[PDB]
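Structure note - doripenem (bound form) present.
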Amino acid sequence: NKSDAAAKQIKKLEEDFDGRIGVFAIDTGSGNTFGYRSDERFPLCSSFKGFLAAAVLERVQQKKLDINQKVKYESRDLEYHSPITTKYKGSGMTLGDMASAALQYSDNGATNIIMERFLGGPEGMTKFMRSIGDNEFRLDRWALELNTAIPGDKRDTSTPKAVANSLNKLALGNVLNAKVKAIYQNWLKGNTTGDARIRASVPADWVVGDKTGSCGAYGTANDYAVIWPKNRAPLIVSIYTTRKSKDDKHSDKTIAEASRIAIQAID
Ligand SMILES: *C(=O)[C@@H]([C@@H]1N=C(C(=O)O)[C@@H](S[C@@H]2CN[C@H](CNS(N)(=O)=O)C2)[C@@H]1C)[C@@H](C)O
């Protein structure tokens with residue numbers, strides 16, 4: 001009933017821009033959920049970078065990597081959209097700066113380097129997600145090839161629900177200890193790419209951490225967030241969208257709107 005009216009609104013919203021919306025929201029205080037197409041598969045785009053940083057911090061926490069070890073890449077041809085790694089090319093970067101660059105600026109060079117050197121590539125990112133008990137998450141290709149968002153292709157996809165559950169386990173749950181979890185949160189809170197998305201759907205004084213993605217094809221874009229309202233339990237929102245035509249552009253306002261409707265369904 002509270003659920004069916006949110007579903008109506010989302011359905012309207014997806015018809016309005018002539019595409020498809022996936023939502024999954026959790027109130028971690030009360031347990032209440034809301035989903036819409038929350039078990040259907042959606043391209044990840046960059047959004048998986050958020051889990052990559054947590055994979056790295058898991059390795060830090062088990063002392064299989066040091067967060068301050070230098071990572072040198074002086075000879076590499078940096079991928080397009082490496083705004084952060086390009087500037088540090090000569091000096092290298094700390095593993096931790098590199099990971100958070102991956103997350104906070106969606107840096108493709110940061111992404112590819114970490115996956116090649118420390119993570120066992122796409123297969124090993126997928127392995128990290130099975131290990132927390134995400135079974136829907138799949139990664140197949142590398143940073144710049146995973147964006148084709150072709151309807152029906154399952155490469156590089158997850159579901160809204162599965163993303164939410166993962167983020168809940170990683171941000172709020174028990175894979176990371178106190179200390180490392182707070183690093184991970186601070187990383188999410190400093191994400192720079194999501195001002196117009198989930199961040200836009202909540203009051204100004206609520207703290208938000210998020211990771212976005214935009215494929216640039218099939219209007220495909222997404223965002224997921226942990227939300228800390230004033231004097232109340234944290235929320236998880238996970239919003240994924242695709243559009244009918246190859247040439248359609250993403251719509252941030254739709255994401256922000258789908259988020260408002262979702263925060264309202266669990267309120
Ligand atoms: C991943 O999807 C790609 C990479 N990451 C992006 C992202 O949104 O995470 C895209 S979009 C890009 C990020 N900064 C701008 C949006 N913020 S803003 N200027 O405040 O509107 C544009 C970017 C392409 C990668 C795989 O291409």
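Numbering starts at 1 and runs along the sequence shown. Structure method, as recorded: X-ray crystallography, 2.5 Å. Hydrogens, waters and symmetry mates play no part in the numbers below; they use all other heavy atoms, side chains included. All ligand and atom numbering here is 1-based and tracks the order in the structure.
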* In this PDB structure, which macromolecule forms the chief contact with doripenem (bound form), named as in UniProt? -> Beta-lactamase SME-1
* Are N147 and doripenem (bound form) in contact, using a heavy-atom cut-off of under 4.0 Å? -> yes
* Which of the numbered atoms in doripenem (bound form) are below 4.0 angstrom from a heavy atom of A143? -> 26 (C)
* To do: Cross the UniProt beta-lactam-binding annotation of chain A with the residues having a heavy atom under 4.0 Å from doripenem (bound form), and give the overlap.
  => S46, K49, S106, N108, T212
* **doripenem (bound form) covalent anchor** => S46 OG
* **chain A: source organism in the PDB** => Serratia marcescens
* To do: Determine, using heavy atoms of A196 and all atoms of doripenem (bound form), whether some pair is separated by less than 4.0 Å.
  => no
* Asked: Among the residues UniProt annotates as active site in chain A, which one lies closest to doripenem (bound form), and what is the minimum heavy-atom distance to the nearest 1 Å?
  -> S46, 1 Å
* Asked: How does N108 reach doripenem (bound form), if at all, at less than 4.0 Å between non-hydrogen atoms: by side chain, backbone, both, or neither?
  -> side chain
* Asked: Within 4.0 Å (heavy atoms only), which residues surround doripenem (bound form)?
  -> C45, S46, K49, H81, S106, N108, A143, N147, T193, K211, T212, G213, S214
